[PDB]
J.: 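Complex under discussion: rupintrivir (bound form) bound to 3C protein.
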Amino acid sequence: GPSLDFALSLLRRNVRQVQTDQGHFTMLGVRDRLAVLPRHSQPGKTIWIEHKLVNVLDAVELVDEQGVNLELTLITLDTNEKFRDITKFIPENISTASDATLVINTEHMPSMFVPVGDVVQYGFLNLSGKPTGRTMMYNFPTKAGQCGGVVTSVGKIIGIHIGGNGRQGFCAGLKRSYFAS
Ligand SMILES: CCOC(=O)CC[C@H](C[C@@H]1CCNC1=O)NC(=O)[C@@H](CC(=O)[C@@H](NC(=O)c1cc(C)on1)C(C)C)Cc1ccc(F)cc1
């Protein structure tokens, strides 16, 4: 329902195709020159965005208050573009959902939407040997190439896709405070 239309608007204004040396990812533009990627994309000093090479001014790998990996990297892009500020749609606390849509946009998987259904609290995740906190899980067979995908519910941006085991998928939860100045 209304979830899907919200997801479509977010795609056009805030979701971009990127490529690093690690491959193709979806990127969420958060506000102005600030964006977020899965940590394992390992963005360097230059990144491909929508067929242009773009300088990266700064990058920070996010951890929680105890130091646990959140599997998210915040980057500031050297770009003319200024993302519409979508932080008001990110909840203050990690939020589950009943009818979520995953928004993917890479060169190999352009502009696609996947109804993943319920997104439930999971927490600690061992992701190919890398400990990760604050994850959520969906019972949907997500696949390689979908990392960075944005998990949304009606009027809420709740996660970034980071992994899966063939039958289930997992996202890093989003909190508004990650993006505070
Ligand atoms: C290399 C290409 O990379 C990509 O395409 C990025 C996106 C894919 C999407 C997966 C691809 C598959 N189904 C999915 O949804 N993500 C991964 O592959 C990650 C690994 C897993 O998902 C692992 N899963 C878990 O550990 C796992 C644990 C439980 C529990 O559930 N899944 C692998 C075993 C698949 C990549 C990763 C490697 C090292 C790290 F430090 C941290 C992350």
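One-based numbering along the sequence shown. Header says: X-ray crystallography, 1.3 Å. Computed over heavy atoms, backbone and side chain alike; hydrogens, waters and symmetry mates excluded. All ligand and atom numbering here is 1-based and tracks the order in the structure.
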J.: Look up atom 24 (N) of rupintrivir (bound form) and tell me if a protein heavy atom lies less than 4.0 Å from it?
T.: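 Yes; the ligand atom in question has protein heavy-atom contact below 4.0 Å.
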J.: Counting each atom of rupintrivir (bound form) from 1 as listed, which ones have a heavy atom of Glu71 under 4.0 Å away?
T.: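 Selected atoms, number and element: 42 (C).
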J.: Of all the heavy atoms in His40, does at least one lie under 4.0 Å from an atom in rupintrivir (bound form)?
T.: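 In this structure, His40 qualifies as a contact of rupintrivir (bound form) - some heavy atom is under 4.0 Å.
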J.: I need the atoms of rupintrivir (bound form) closer than 4.0 Å to a non-hydrogen atom of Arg39, numbered in the order shown.
T.: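 Per the distance check, 40 (C), 41 (F), 42 (C).
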J.: Please report which non-hydrogen protein atom sits nearest to atom 26 (O) of rupintrivir (bound form), along with the residue it belongs to and the distance in Å to one decimal place.
T.: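 It is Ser128 N, 3.0 Å.
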J.: As a test of the contact definition, would atom 10 (C) of rupintrivir (bound form) count as having a protein heavy-atom neighbour under 4.0 Å?
T.: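 At least one protein heavy atom is under 4.0 Å away.
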J.: Short N/O distance, under 3.5 Å, between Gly166 and rupintrivir (bound form)?
T.: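 Checking rupintrivir (bound form) against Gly166, no N or O pair falls under 3.5 Å apart.
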J.: Quick one: which rupintrivir (bound form) atoms are inside 4.0 Å of a heavy atom on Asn126?
T.: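 Atoms satisfying the 4.0 Å criterion: 26 (O), 28 (C).
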J.: Going by the atom numbers of rupintrivir (bound form), which of them fall below 4.0 Å from some non-hydrogen atom of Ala144?
T.: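 Counting from 1, the qualifying ligand atoms are 5 (O), 11 (C).
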J.: Please determine whether any non-hydrogen atom of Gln22 lies less than 4.0 Å from an atom of rupintrivir (bound form).
T.: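 Contact check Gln22 vs rupintrivir (bound form): negative.
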J.: Show which atoms of rupintrivir (bound form) fall inside a sub-4.0 Å distance from at least one heavy-atom site of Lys130.
T.: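 Reading through rupintrivir (bound form) atom by atom, the close ones are 41 (F).
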J.: Return the organism named as the source of chain A in the deposit.
T.: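 The entry lists the source of chain A as Human enterovirus 71.
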J.: Can a protein heavy atom be found under 4.0 Å away from atom 32 (N) of rupintrivir (bound form)?
T.: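 Under 4.0 Å from atom 32 (N) of rupintrivir (bound form), at least one protein heavy atom found.
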J.: Based purely on interatomic distance, does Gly145 place a nitrogen or oxygen under 3.5 Å from a nitrogen or oxygen of rupintrivir (bound form)?
T.: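 Indeed, backbone or side chain, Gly145 has an N or O that close.
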J.: Hey, which atoms in rupintrivir (bound form) end up nearer than 4.0 Å to a heavy atom of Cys147?
T.: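 Near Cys147, meaning under 4.0 Å from one of its heavy atoms, rupintrivir (bound form) has 6 (C), 7 (C), 8 (C), 9 (C), 16 (N).
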J.: Give, by chain and number, every residue with a heavy atom within 4.0 Å of rupintrivir (bound form).
T.: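 The heavy-atom site around rupintrivir (bound form) is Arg39, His40, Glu71, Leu125, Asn126, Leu127, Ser128, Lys130, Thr142, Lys143, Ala144, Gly145, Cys147, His161, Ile162, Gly163, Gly164, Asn165, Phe170.
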